[PDB]
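In the model that follows, one finds N-phosphonacetyl-L-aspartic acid.
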Amino acid sequence: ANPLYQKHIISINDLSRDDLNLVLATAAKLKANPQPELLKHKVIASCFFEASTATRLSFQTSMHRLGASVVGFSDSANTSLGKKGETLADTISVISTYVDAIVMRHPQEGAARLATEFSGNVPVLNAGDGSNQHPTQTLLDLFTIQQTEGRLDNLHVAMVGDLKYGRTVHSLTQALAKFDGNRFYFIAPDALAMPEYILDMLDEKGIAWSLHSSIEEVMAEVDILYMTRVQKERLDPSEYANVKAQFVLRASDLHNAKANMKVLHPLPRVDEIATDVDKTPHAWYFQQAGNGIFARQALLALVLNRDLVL
Amino acid sequence: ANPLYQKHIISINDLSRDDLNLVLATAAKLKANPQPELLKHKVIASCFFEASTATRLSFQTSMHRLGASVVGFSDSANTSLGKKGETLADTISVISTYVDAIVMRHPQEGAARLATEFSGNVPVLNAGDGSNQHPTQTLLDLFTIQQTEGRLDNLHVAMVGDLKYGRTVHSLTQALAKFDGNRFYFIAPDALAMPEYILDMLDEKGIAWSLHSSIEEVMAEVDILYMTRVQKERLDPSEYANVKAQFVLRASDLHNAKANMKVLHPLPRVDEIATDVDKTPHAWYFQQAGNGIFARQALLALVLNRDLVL
Amino acid sequence: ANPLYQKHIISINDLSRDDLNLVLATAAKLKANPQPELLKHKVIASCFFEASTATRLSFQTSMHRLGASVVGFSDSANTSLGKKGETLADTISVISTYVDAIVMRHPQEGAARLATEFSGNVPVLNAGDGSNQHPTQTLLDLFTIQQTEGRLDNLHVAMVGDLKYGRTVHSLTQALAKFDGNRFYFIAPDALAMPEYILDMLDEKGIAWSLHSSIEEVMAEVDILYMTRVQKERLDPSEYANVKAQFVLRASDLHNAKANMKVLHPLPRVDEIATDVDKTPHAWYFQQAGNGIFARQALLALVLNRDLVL
Amino acid sequence: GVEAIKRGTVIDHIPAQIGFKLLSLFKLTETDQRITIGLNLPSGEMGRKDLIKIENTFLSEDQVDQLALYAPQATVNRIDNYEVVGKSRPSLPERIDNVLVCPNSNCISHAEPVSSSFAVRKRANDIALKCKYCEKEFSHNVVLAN
Amino acid sequence: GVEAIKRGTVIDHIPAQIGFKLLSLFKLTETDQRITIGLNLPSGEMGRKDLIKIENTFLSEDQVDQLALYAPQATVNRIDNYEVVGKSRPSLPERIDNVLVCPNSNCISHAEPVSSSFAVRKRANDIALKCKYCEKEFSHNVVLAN
Ligand SMILES: O=C(O)C[C@H](NC(=O)CP(=O)(O)O)C(=O)O
Ligand SMILES: O=C(O)C[C@H](NC(=O)CP(=O)(O)O)C(=O)O
Ligand SMILES: O=C(O)C[C@H](NC(=O)CP(=O)(O)O)C(=O)O
Ligand SMILES: [Zn+2]
Ligand SMILES: [Zn+2]
């Protein structure tokens with residue numbers, strides 16, 4: 001059985017440097033040569049209780065690119081949880097008797113973790129739970145970084161935007177702190193700053209991180225500039241001062257950026273990455289979006305097939 | 001490569017008499033003998049940002065009747081464009097890295113044309129863009145006309161209803177003006193009359209068209225009576241006087257109709273075609289609806305397969 | 001003719017030290033010897049385009065104690081401005097052909113000044129315009145300070161709360177800067193600070209003022225502690241952090257206040273003054289509300305009577 | 001007539017009260033160079049003209065053609081070190097990208113980040129303008145905003 | 001200079017990129033007689049200089065000190081018989097009515113049919129404008145922003 005076979009994938013906090021490296025290796029193998037019938041005869045649930053264009057559609061294309069069948073919903077308003085009061089617990093209890101694995105995105109932190117309490121042997125793959133984690137985002141972010149920098153160890157990575165509610169930077173900061181000698185620069189408004197628990201973790205692991213008030217003061221030393229979007233859905237009224245982007249990247253700022261440096265963004269973007277950056281060599285977010293197909297295909301392959309894509 | 005291979009299908013204005021004839025020939029070939037695995041291993045996006053029962057479900061049945069897989073959404077409210085502010089441009093940029101072709105219906109005129117600017121090599125097939133075009137409607141309308149009249153040249157076709165906002169009569173009037181000697185009769189309230197740009201086009205091509213105030217004054221010379229429904233979703237408050245159907249067809253009016261003449265309607269119908277017409281020999285709209293499967297299957301086959309269904 | 005006869009009381013800014021002193025002298029006279037007929041046969045319009053309990057009911061009780069008649073509204077939802085699109089200019093133009101003075105409260109700053117351009121010969125008295133001015137609040141607060149302190153010069157006045165949107169403190173500060181030697185202490189959260197044009201004026205005048213982050217800093221120094229309420233309805237969404245009171249006054253904090261010191265508040269009060277304060281000899285806010293009857297009777301008496309023998 | 005020039009373009013013969021429109025519409029003034037404009041100055045040929053000398057900037061054919069919807073008979077002129085090299089003239093331009101705005105309120109062009117684009121055809125009397133996106137066709141006069 | 005006139009005004013020493021704003025802001029286009037605009041002219045001391053010439057016209061009571069707020073060092077030369085009959089430099093008035101827009105969203109000036117009006121105090125570092133209706137006072141930078 002490979003190491004991830006039938007594991008639940010809920011938080012980057014439960015995976016090792018090796019588990020990540022495995023996913024990545026399988027992504028490159030399946031990107032190089034396809035496997036159309038690898039998951040023939042499996043039916044996977046797509047349970048999106050929160051908005052999604054990319055995570056849901058890249059997950060369902062991956063399931064389809066491996067022969068599996070998909071069942072699910074994209075909206076909770078017409079589910080019996082929506083109209084009848086079914087609990088998420090009884091919802092997962094019933095869906096576990098039907099499908100071979102459950103992919104679910106949900107607006108409360110902790111939702112994928114409790115699905116596992118009720119899912120039996122059916123693995124639960126977390127497509128984002130509130131402002132907590134988003135593990136498959138980090139698997140395509142890491143594949144895109146490895147792919148454009150050659151390494152995942154010894155990088156300079158700046159994370160800009162809403163880091164309090166950005167579930168993407170929660171998972172990704174915890175994945176890169178598993179490799180050696182990565183330096184962190186964090187650029188957020190004080191109200192949307194990195195949660196203490198990730199900075200603590202950076203500190204006991206001895207990792208070097210620093211706060212910065214502008215993109216320009218780190219533009220020349222960063223290799224990955226990972227931009228995020230203010231999670232306006234998640235803000236409290238107190239925080240409504242922070243709805244507009246404070247740090248907006250325009251192509252001019254890239255005029256002294258390291259030639260290898262790429263600009264990543266999980267997407268959607270609203271005003272923080274201007275569209276003129278789109279034509280510049282550093283822009284890699286749509287490439288990044290595309291790599292979602294290969295990391296999600298690799299992950300499904302490992303959790304549902306005993307063997308190992310050779 | 002056949003002529004339509006990987007072309008975007010956005011407006012009837014960009015296709016030639018030959019491109020239409022091709023689609024039609026392939027429709028008859030695939031209606032006669034099926035091809036279940038013609039599009040095996042392709043995944044097609046179904047992106048309906050506007051309401052649909054028939055265009056979406058006939059398109060997805062056609063994709064399924066040729067072996068392809070479908071991914072998509074029927075509602076924009078739970079897409080990241082709906083809840084997060086993703087632009088249609090970034091939406092198409094991300095979906096282009098996943099699927100082999102994109103079918104999209106959208107409420108703004110011009111939406112499928114700009115998807116092509118951002119879709120890479122992925123073809124965009126227009127399932128209706130606001131009040132502009134609806135090219136696959138015209139392909140099943142033409143297949144049903146050819147099928148019930150034998151010709152597409154030298155017909156008498158009356159178009160009744162909302163012709164200002166009827167995207168169906170915009171495409172169809174432009175497809176039949178590609179064949180020779182067709183006569184047009186237009187029956188609409190002045191406020192919902194044919195757009196100037198189609199009448200101009202009829203004039204420089206020397207085509208004979210005329211305005212008429214009743215169905216009865218043309219009932220005896222028409223071969224195709226193509227009924228439409230007032231696009232109430234698209235009306236301005238000024239135009240709210242025109243929400244009810246002015247011209248309503250009842251079976252009695254058909255009592256001096258040419259024996260070959262059929263009544264077509266893109267559907268939905270509200271009060272303009274009474275249900276007693278449903279039992280008469282001239283009624284062909286549900287047959288027409290069914291032919292959507294063969295024209296949409298033919299179109300997908302041509303845009304995605306290099307070869308030519310023999 | 002007295003100085004205030006037929007004047008418009010729009011802004012404290014337009015009144016001098018002696019107009020102000022004339023109102024207090026008269027309020028004192030009518031508080032002791034009532035005039036039940038002073039305005040027998042005058043009809044005064046009370047037009048409240050924005051919520052009020054105390055300003056509107058003290059004003060129309062004043063009118064009735066002086067023999068006048070009142071007509072008007074407390075809710076513009078039922079005027080022809082509300083339902084039919086009558087401008088405020090045409091509303092005032094028409095109302096001035098009927099009545100002998102207009103008392104107005106409105107939500108846009110600048111509304112009462114506009115009313116005077118249309119008013120004709122009819123005096124307009126400003127019961128508050130948005131966050132600009134509240135002139136009749138200051139005449140009742142100045143009568144109260146005089147009553148308790150016997151002095152309107154050389155006082156130590158602290159103003160606490162939302163000083164940016166508070167029209168009561170914009171008018172009160174402008175009026176106390178007309179007497180000699182008053183010292184101001186402003187305690188407000190940054191977002192809701194004293195607008196610079198009031199500060200510029202204090203400075204241009206040589207008046208001493210200072211900022212403080214607490215009330216304790218100034219408790220032993222002050223003669224009057226003027227509490228205000230956060231103007232939630234005037235806040236911008238970016239200011240919503242500031243909705244809750246930042247400085248709350250409880251009986252305990254009155255620990256080493258000068259014995260003569262009074263706690264004034266325009267009211268309504270939300271959480272900023274605890275109710276135990278109410279039972280201390282320092283709480284003067286309901287005696288202050290009572291003084292609105294005499295200050296407003298005085299003003300109405302002086303604007304509509306040429307010479308007054310009192 | 002009016003002020004001298006070494007190298008650049010001098011758009012002469014602009015119809016009266018149109019010279020201004022053109023300074024604005026094709027942004028000709030947003031430069032660090034010397035432009036001289038002669039508004040309402042006597043022509044003779046057709047009474048009164050208006051005209052622009054833009055120094056050290058040269059127009060492409062393509063720019064010059066765009067002027068045909070405003071000043072059809074204008075006469076563009078490039079002068080390389082004072083002598084007239086090429087006297088050109090507008091021909092209506094087939095496409096007018098970026099400059100105009102689609103008057104269809106429900107055109108997608110208004111929401112998304114794409115540049116505007118119109119196909120130009122001498123529509124029998126007026127010049128008709130078809131939006132490349134919503135495909136509605138408009139007279140050139142209305143597209144020039146009301 | 002760059003043109004001459006029998007009688008008219010010549011606004012010279014106009015700061016760069018402001019010259020074009022004045023033809024719109026004073027509507028010096030509703031005119032029949034000649035206007036000469038020289039843009040980005042050298043002025044040794046101030047480098048870039050725009051200059052406007054209007055034949056037969058003299059700027060009214062408003063525009064001269066409204067110009068004070070827009071081009072504070074501009075020099076207005078009144079000309080007749082080609083002689084500089086008068087030279088002027090505008091002063092900041094006490095008030096500017098009609099042309100400026102109050103920055104305050106909630107000022108009634110925005111909803112009702114009344115002419116805006118601001119008082120002009122020349123406040124140490126810059127002009128402060130107090131709105132006649134809402135009584136807020138603003139930096140002139142804010143009030144006549146672009
Ligand atoms: O929404 C974001 O800003 C980042 C991130 N975005 C995505 O995963 C893309 P989508 O919401 O279209 O699936 C998320 O956490 O949902
Ligand atoms: O709705 C109409 O009247 C005609 C036409 N109808 C259809 O295509 C059928 P549907 O909206 O169920 O896909 C359309 O333009 O959408
Ligand atoms: O509302 C306040 O906080 C103070 C002040 N309050 C009053 O005048 C009392 P009322 O709103 O009951 O007339 C106002 O400015 O409107
Ligand atoms: Zn358009
Ligand atoms: Zn104002």
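So that the names make sense, note that chain A is the first sequence line, chain B the second, and so on, each numbered from 1. Heads up, header says this was done by X-ray crystallography, 2.8 Å. Each ligand, and each atom within it, is numbered from 1 in the order the structure gives. The displayed model is a subset of the deposited entry, and contacts were enumerated within the subset.
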For N-phosphonacetyl-L-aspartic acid, which ligands or chains should I point to, including every copy?
ligands 1, 2 and 3
Main partner chain, N-phosphonacetyl-L-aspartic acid (ligand 1), name from UniProt:
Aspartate carbamoyltransferase catalytic subunit
Show which other chains sit less than 4.0 Å from N-phosphonacetyl-L-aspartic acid (ligand 1), counting heavy atoms only.
A, B
Around N-phosphonacetyl-L-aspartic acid (ligand 1), which residues have heavy atoms within 4.0 Å?
A:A51, A:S52, A:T53, A:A54, A:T55, A:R105, A:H134, A:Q137, A:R167, A:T168, A:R229, A:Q231, A:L267, A:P268, B:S80, B:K84
Quick sanity check - which UniProt L-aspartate-binding residues of chain A lie within 4.0 Å of N-phosphonacetyl-L-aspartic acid (ligand 1) on heavy atoms?
A:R167, A:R229
